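Here the PDB entry sets the residue numbers for chain A, with the shown residues being 29-387 in order. As the structure lists them, so they are numbered: ligands from 1, and atoms in each ligand from 1. Computed from heavy atoms alone, side chains included, the values below leave out hydrogens, waters and symmetry copies. Technique stated in the header: X-ray crystallography, 1.1 Å.
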Amino acid sequence: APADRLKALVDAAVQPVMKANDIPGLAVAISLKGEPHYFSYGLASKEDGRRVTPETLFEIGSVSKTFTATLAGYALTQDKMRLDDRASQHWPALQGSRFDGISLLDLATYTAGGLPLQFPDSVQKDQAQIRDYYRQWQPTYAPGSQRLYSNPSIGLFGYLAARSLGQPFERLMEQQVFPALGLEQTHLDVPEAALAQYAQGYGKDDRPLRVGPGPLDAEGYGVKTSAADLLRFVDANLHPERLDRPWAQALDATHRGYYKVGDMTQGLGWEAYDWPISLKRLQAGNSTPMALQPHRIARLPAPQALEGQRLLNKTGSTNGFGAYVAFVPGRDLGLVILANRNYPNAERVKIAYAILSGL
Ligand SMILES: *C(=O)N1C[C@H](NOS(=O)(=O)O)CC[C@H]1C(N)=O
């Protein structure tokens, strides 16, 4: 039986990785041939016995950047900004700073010249502190040359895209983006009425960990969502034509590659690979040196469509959570894996590869 085989395949991929990484709870959602399939494992909260379901809310961390990218794709379809705009076009406080010579594309794709992984601990979630950080920042190397994965970089991209639309980022997400995408279980600021769905996150010694405030957190890493809503988002990415045209175009803008580093082609939010490709290679593209070290880019002569025989993915983590999303445009296949422990990206990719190989 097909439901027995699919359950066996997903269980075989998930169960050992959960044990091995001591993951309390994990939700899988798969889109296959136009149909959704959900597999829920373990506990959302150990202390109260609450089980994971497809409606449990997880922190997705940097997977949030794919939503940020979608907002920016909406601003672009509306002609409120262009990728080649200088960042300081969209924020007068930045005029006269080094952001006069940095494009929005450079910010979105981590090539502004060495913006760091995180804001320094000296910058708190405070508009003035953020402003002053960017005013004073100077590149380590020429913009457009080297990829250094960076929350302040894409954070500023999303902040400027929201400025270009004339409204705060978080308001635009709640009022316009999430409703356009059909997402009612997707939040930047979880409502009190939805808190009972919010899983606990677990760290060292099972310390409980839910993400706290930080500068440009919404734009970099602040979405909480369920496996079912995140799979709805993947299905919108698999079929943008099913949305009203401005939002189809906003999604398409996230399916354009600008350069390569190793096996990976960098889009807005999404990172792409040829498919098939080995597990080792997909793990290496999602490895610690990719998150932490600069890499010289191989720029494409024109943007490349991230479609067909490709896998598009994004990892994300918070202190307490570990998420992974992947889909294969040319096969109508999508997958979401959400967990309440931050466990290594290689292990997330191991689960996903086993599932996608078996589908
Ligand atoms: C993304 O979740 N954040 C940014 C950065 N990206 O790397 S990732 O998804 O390989 O995990 C480091 C992890 C994470 C964060 N802000 O800690």
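- The drug placed at ligand 1 in this model is avibactam (bound form).
- In the deposited model, most contacts to avibactam (bound form) involve the chain that UniProt calls Beta-lactamase.
- The site surrounding avibactam (bound form), defined by heavy atoms under 4.0 Å, contains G89, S90, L145, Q146, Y177, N179, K342, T343, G344, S345, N373.
- Of all beta-lactam-binding residues UniProt records in chain A, the ones placing a non-hydrogen atom under 4.0 Å from avibactam (bound form) are as follows: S90, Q146, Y177, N179.
- Atoms of avibactam (bound form) lying under 4.0 Å from any heavy atom of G344, numbered from 1 in the order shown and given with element: 2 (O), 9 (O).
- Of the protein's heavy atoms, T343 OG1, 3.3 Å lies nearest to atom 8 (S) of avibactam (bound form).
- Annotation for avibactam (bound form): atoms under 4.0 Å from non-hydrogen atoms of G89 are 2 (O).
- Residue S90 approaches avibactam (bound form) through these ligand atoms, each under 4.0 Å from one of its heavy atoms: 1 (C), 2 (O), 3 (N), 4 (C), 5 (C), 6 (N), 9 (O), 14 (C).
- In the PDB entry, the organism given for chain A is Pseudomonas aeruginosa.
- Of the protein's non-hydrogen atoms, the one nearest atom 10 (O) of avibactam (bound form) is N373 ND2, 3.1 Å.
- In terms of polar-atom proximity, defined here as any N/O pair under 3.5 Å, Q146 does make such a contact with avibactam (bound form).
- For avibactam (bound form), the polar-atom distance check finds no N/O of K93 at less than 3.5 Å from any of the ligand's N/O atoms.
- When each atom of avibactam (bound form) is checked for a heavy atom of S345 under 4.0 Å away, the hits are 2 (O), 11 (O), 14 (C), 15 (C).
- Looking at the UniProt active-site residues in chain A, the one nearest to avibactam (bound form) by heavy-atom distance, rounded to 1 Å, is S90, 1 Å.
- For atom 5 (C) of avibactam (bound form), the nearest protein heavy atom (residue, atom name, distance) is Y177 CE2, 3.3 Å.
- This entry records a covalent attachment of avibactam (bound form) at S90 OG.
- The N179 neighbourhood of avibactam (bound form) comprises atoms 4 (C), 16 (N), with distances under 4.0 Å to a heavy atom of that residue.
- Looking only at protein heavy atoms, the nearest one to atom 12 (C) of avibactam (bound form) is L145 CD1, 4.0 Å.
- If you number the atoms of avibactam (bound form) from 1 as listed, the ones under 4.0 Å from a heavy atom of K342 come out as 9 (O).
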